[PDB]
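The sequence lines fix the lettering, A, B, ..., with proteins before strands; numbering per chain opens at 1. Method reported for this entry: electron microscopy, 3.2 Å. Portion of entry displayed, and contacts counted within that portion, nowhere else. Worth knowing before you read on, the calculation uses all heavy atoms, side chains too, and leaves out hydrogens, waters and symmetry mates. Counting convention: from 1, in listed order, for ligands and their atoms alike.
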Amino acid sequence: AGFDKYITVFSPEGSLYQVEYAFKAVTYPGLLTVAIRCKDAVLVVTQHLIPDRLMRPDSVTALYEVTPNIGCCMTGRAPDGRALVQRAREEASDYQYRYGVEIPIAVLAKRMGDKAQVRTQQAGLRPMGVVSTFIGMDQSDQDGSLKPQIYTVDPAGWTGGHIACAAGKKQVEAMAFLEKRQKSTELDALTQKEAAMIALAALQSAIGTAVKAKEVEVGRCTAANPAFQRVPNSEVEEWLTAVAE
Amino acid sequence: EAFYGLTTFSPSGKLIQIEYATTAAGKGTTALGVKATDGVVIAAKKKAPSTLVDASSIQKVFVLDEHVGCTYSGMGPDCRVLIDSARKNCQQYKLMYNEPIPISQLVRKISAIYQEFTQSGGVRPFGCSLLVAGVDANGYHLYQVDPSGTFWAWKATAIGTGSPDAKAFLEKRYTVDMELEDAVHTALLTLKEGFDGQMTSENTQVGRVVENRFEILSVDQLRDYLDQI
Amino acid sequence: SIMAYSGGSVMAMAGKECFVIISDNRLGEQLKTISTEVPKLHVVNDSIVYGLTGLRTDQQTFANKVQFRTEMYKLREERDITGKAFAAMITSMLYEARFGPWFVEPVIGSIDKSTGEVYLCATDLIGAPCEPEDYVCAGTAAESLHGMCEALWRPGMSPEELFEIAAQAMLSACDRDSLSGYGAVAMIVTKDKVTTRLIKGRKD
Amino acid sequence: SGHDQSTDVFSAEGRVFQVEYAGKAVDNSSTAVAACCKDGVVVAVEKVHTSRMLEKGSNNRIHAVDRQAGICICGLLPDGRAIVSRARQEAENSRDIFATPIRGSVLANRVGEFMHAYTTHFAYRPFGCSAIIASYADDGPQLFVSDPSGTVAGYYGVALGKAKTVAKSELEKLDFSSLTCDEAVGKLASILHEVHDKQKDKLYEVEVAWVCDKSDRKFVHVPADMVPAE
Amino acid sequence: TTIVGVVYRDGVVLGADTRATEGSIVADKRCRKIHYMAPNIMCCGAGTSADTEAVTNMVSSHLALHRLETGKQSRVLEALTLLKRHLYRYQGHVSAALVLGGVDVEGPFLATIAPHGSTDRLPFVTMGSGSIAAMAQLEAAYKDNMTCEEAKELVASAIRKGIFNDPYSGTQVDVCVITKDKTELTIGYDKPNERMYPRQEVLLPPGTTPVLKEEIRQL
Amino acid sequence: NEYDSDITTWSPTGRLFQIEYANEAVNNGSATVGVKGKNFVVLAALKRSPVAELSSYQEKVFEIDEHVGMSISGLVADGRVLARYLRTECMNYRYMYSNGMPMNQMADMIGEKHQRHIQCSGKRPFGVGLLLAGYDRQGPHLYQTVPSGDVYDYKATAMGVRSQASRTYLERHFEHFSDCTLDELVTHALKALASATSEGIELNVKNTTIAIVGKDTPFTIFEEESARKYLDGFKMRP
Amino acid sequence: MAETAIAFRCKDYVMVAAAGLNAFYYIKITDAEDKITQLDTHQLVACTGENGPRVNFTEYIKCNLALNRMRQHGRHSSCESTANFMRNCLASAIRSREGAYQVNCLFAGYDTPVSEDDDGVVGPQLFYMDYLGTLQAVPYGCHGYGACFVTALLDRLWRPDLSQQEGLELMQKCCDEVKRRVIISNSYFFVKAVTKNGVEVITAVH
Amino acid sequence: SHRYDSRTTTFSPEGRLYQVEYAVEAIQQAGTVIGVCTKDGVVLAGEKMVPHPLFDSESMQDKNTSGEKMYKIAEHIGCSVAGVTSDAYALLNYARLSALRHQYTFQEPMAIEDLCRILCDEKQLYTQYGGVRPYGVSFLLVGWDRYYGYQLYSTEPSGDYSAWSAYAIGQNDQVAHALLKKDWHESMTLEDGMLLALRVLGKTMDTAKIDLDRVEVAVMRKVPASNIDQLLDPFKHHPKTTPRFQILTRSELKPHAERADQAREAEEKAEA
Ligand SMILES: *[B]([O])([O])[C]([C][C]([C])[C])[N]C(=O)[C]([C]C1=[C][C]=[C][C]=[C]1)[N]C(=O)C1=[C]N=[C][C]=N1
């Protein structure tokens, strides 16, 4: 009853205060990401803003490659996100050596949520103040096709699939735009051009700025080219004009 | 590396850390189960935080082997350590006796994992309870562990928020010779009276262990039951 | 060899609703008789009876680890061990020590108390599982017992007439083996009773 | 209170103070500057001598990590020598296992993970040091800065130390596209003699080092007669 | 041992014998050598009965444990990787020759694993002691895209080249068909060696063996 | 002051107090003066005077190898744990390479020995300073380590209690050290050491340890008998 | 094997005899060395073998019986509990680093009721053992070169109802046969006996 | 961090161990179980809390080895538990292993004082090493050996034990000692001991008409040996009677519970 909040100890209302304080390290940099999957692709947009003009803008990034078919964005404390990439690259490689096949995206999200649960149960270890968003396309069963996947793991360890997610500062106004857009159409029937307009407009409704094409970076995975790659900046400009239309 | 214990005794003589963990294990969603003469039903409640969280992906009824299942109510990621250790201890029984495990011996093993972290150095107890149910060579079983390690042998019970007024509803509706189809009829019916909105096939998740096998019901077989109650 | 150091042959036959098991009475050191009144059989419950052959130091040490594990199985699980679970249990014990292996060859006979199905199993010293439906046999006179058991067996035998075949098969094979003999101790067992018989043999 | 006593304690708003308290050890340290000059990288620092009797060459904050790369530290000198002796070990591994020189963006990402791994555990404290990785690998001239939080970033120019705000505006007047390594040693050393005051310390000298095509892609210190006098 | 496998039009067919001998004498006549791995994967086995059964049950429980985590149908390439890393790290001391057959989303997968740990993915493989005599039947009559009946008869006619020619093999033909949907396991598909001249059955009356003591224990 | 208890605790001003507290152990030890010449390094330590007849002896100056030697100040129990490490790593060098270890490599090896003990929670800094007296192919060297992990290359220095006055004397003669011979180089070190003493005591052979390393001279500690040739004729003149 | 141990049990006593020869490959070191170690007041063991492992095995067994009487308030364990503790040390040593004990021994004892609730064995106990870890309760056991001369002698003349004097003149025939046929000079045989009043050292038969 | 160590294995400034003393208080609210050692057996009787109508009986085989409150350790050893319920199963598993490791290395039944010593070595071990909380449990070991016959032990949560002839752990143990002290004599039969056991149990939980749903009993006496097999063991002697730990059912305790209320009624008509 002396501290109640300084190490991983249950509060008298049954909460962990080092979990609730690590959620606030996600919104503390002030950034934002939006992920969405269409019928045949996955998209991840994120705010890529450099305040200093003397900074090399192609070094600071949040989009990482875990395996050649899984990409991720790390929204939260930026050196903590680089730490969980190196953890996920070890787990995807040790899956490859031991089991011979590439790791499923739903399984790589589960094995990274088990790493976050241990750090919030042992008293000495600090939780990672970052929300991971592992995106990719899994091999479907009984037909052999590919299927878009989005998986998000909290700093507590809450893994789960998504149709469209958001993380960072004013992530509540980004969820509210996507649910309002969900009431009209059905997001698993839209195309890659149509779904790119929503994830960029959801990034506009929260920041209220209608940002430039260099102030974001977008990575994608498509059923034709299943490898994770980031888009060119010229293709973001073809999308930002359509949102203004 | 912080090898001292975090859970100790109080001047009143109570493990106050485990008392806090039972509060944490009662703030989950309502999970329940009933028995019958022909099988055991377990019923969950997949609470979606939004409409964009892929209700077919998240799951709360966990199948452990070809004869055991489970459903939790508490801290989600704390449960996955318990299920992965229960799926592992059930495969070690088949590599050593060539026999499905009994529901008694599996629950004694996972109760030694709760008690292990209430007497270890540097860890906190679990913040979730389970509902283990399945078959063995002497009938049908429905157990319910606690974060203290204390396990029970219930006949119809419920855990989570809205559990004491749903467990009292199980007293009024249980009968000693309930059949299996009568059990699913009343396990879904005791979810509805504490449920907020309108339960759908992607909103709850049940699994009824039948005759040798646990078999989580699909979205088509559970849709058959919702428009019958 | 180390396997034929102590002497002794254990076999078992399967009947209709019964099975038999029978060992000899000799213990030795490669030519000389140490004892003349020593069986090789072990009874753990009213359904499972198993017999060990091989090196007598391992025949007693392994049977202590089995009794350590069978009685611990009855404390954890509130029930008697079954035949398929007991045979798969000490199959795993002979495989953990695969490079330091025990010199036993367990001959397991069991029966279901409620169903009435017999289950025979004879592993090797390295734990090779093998369940014939007719008979099993191990020991120093094992090559002589595959001729005696196979030429005399039929699937539909009564418990009284299955004993007469197993007894004449043990004794006629021990009259050709100089490391087994000196009478035989048999045990017929049905769903209803267990009868233990000691058999006249040559004192040679 | 007790919310700023170790590293495994988030604040009430999601901050880690022992990392941010370690960032005040760099902000109270001597001035560092760097520049990327389209064929190489020049790095200069000011050695604050506390006595007249120190030998010339003592307390050199510039250390060679590989033949093509070298880390200059800004902050505590003995804490940064654990970063230098680690990044040397990271560069020896790529030469001995992968038979290739370590890339500039890869050496900096190994520094930012060694500095971050001591900000997540209770028994360890973060470094009082900002490491400046100046490299020239097969990905061109690179200039990185790793802060005590473990955050790495590619820069064109950087000012670190006490007067890092005045020296940052003095870097905005340079070009970095037409800028060469021939002129920038005279420019960057002239930043330090104008950004730093002699009314606090009497003994201050500058230490410049580069890696460029003129030095055969080798990270070297200066010949002593290329630096401006004052 | 005369375990074989054949890739046909949709799936694979695995074959085996039933004889198990311990040192020049027939121990068992109806041993089972086609094991279970998955609902889509089976695995034949040769060599020692201890080492074959204990490498199979450990991996088949590991594939089942890895199936609860993924929630998907298990690959045959991950069944092969768990077998080849076990058999390599004991350096041929685990004397088990394996024939692995299965069906995935990528089609039928037939491959063999040597006891030293090497793998070969072929349309038709033979292992065991009668593998040389069974391969000559497969090299003379295999063709691409056979029906389920022509492959089941080619497999069974290759086992009998190990039954009637290899002394370490015989008494039955075990055939396991692996399809995409189902899996059919027949044991008495081909029994070419029947029981010629049934037994005289020398009758001995109950009580003709001299007994010195007897003790009856009722239950 | 609640930020001074643990070693792994930064202050809100960005200071490490447990390292700054170990620095006061060096400032409370006995005064020692190192003076580097052109080919010679002279250490002049001030050991304890006898109590009116009885002579207590405590070894401060250590030989590390043929070309290295050091004098300590502060916790002498940590000055011998350093003496175990420095002597072992100079035996491991001369085993491998069959030559003496260079001083620029060795001064970088002491600084990483101080650094392992200042970042873990259940460890403490070495509360002792050093004065390396070395010679190698690059000529004579004079170093000084502090409990923070720093290592400073000097021309002349002085550490110990009231060694600020010895440092003030050396800041007027340090430009004329590459020109003096060995007999003058000992004299500048002893005039410096005599200005750190008490109000009513001067130097003799009973309270001074003189250690000299050179180019054809291995590390030699001049104690009671052989030290009289520089200490019988000596007077601290104003 | 050069030295013999002869032991037989009867209705109310157990005879033991062990030749006190100790040699160095052909040279007689001793002729009177006691090789029958008194473990308890009613228990003894007659070990044979070379003198290296023979003392170090018996001192490990004897000091652990005494330790199990310290920790259990002077309660004397049964003869089967001592014999099963012995073969545990033989069987665990053939699969260890240091190697097998090269000792062949005959355990002997008498079972007395320790309290009124004890309804166990009343009679005598005699156990054959081996260096591997074989254990067998036997009417009479023999080791050494002369074992086969005297085991078939006890096939002829041993009776379960022998008295103290009739078994004393039987052991004299057992000692005179080993002197007659075995080339190894066994001249002094150390006859002891275990009865209901403890152990006793028989002076007559040598 | 070293700041939040609760320091369990440290003395008080008056020489007391607070985590041991608070573990004793945890047993003071546990379920009351009493035992009494007669001449021809030793009986245990305890109370379990109220049966909710949705409890279920786990349908076992051979129900003599695992009850609600009493547990079998070996064939000649039984026990009963007051304290933290999940904490006892770690020591119950440790007591079953040490009792069977004795039979491996000696082939004899273990003494009751020998098991009670080896499980109190474990309980004292966590009071002095590790810096973690001790076991908050208290045992009542019963059993027969051939060394001193029927025995009965206590077990404190500090490593200390003591032999007894009748003892109480749980709620109102100070009350139930005085009631057993008022009438216990040496030459007592088992039927007079079981009637003593149920009568004191109704006193502490102040209940005339002792209920069978709230009382669990278990007796430790010697039965005649039935599994003697002299033919496969020619030189092994089997004793005449063997001890059997058993747990009485409701058909077994109803003839004994209807004798304890009448003996309460026999001492009720002579009250005024
Ligand atoms: B193959 O010959 O059918 C068979 C393989 C199968 C039983 C695992 N091999 C055996 O029969 C082996 C012996 C062997 C012969 C030739 C090569 C390699 C091995 N037999 C056994 O392992 C055996 C022994 N005793 C009982 C049961 N099985």
| What is the PDB name of the drug at ligand 1? | bortezomib (bound form)
| What does the PDB entry call the chain that holds bortezomib (bound form, ligand 1) with the greatest number of close contacts? | Proteasome subunit beta
| Which other chains does a heavy-atom search at under 4.0 Å around bortezomib (bound form, ligand 1) pick up? | E
| task | Please list the residues near bortezomib (bound form, ligand 1), using 4.0 Å as the heavy-atom limit. | result | E:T1, E:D17, E:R19, E:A20, E:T21, E:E22, E:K33, E:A46, E:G47, E:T48, E:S49, E:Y168
| message | Mind telling me which species the deposit lists for chain E? | response | Leishmania donovani
| query | How is chain C named in this PDB entry? | reply | Proteasome subunit beta
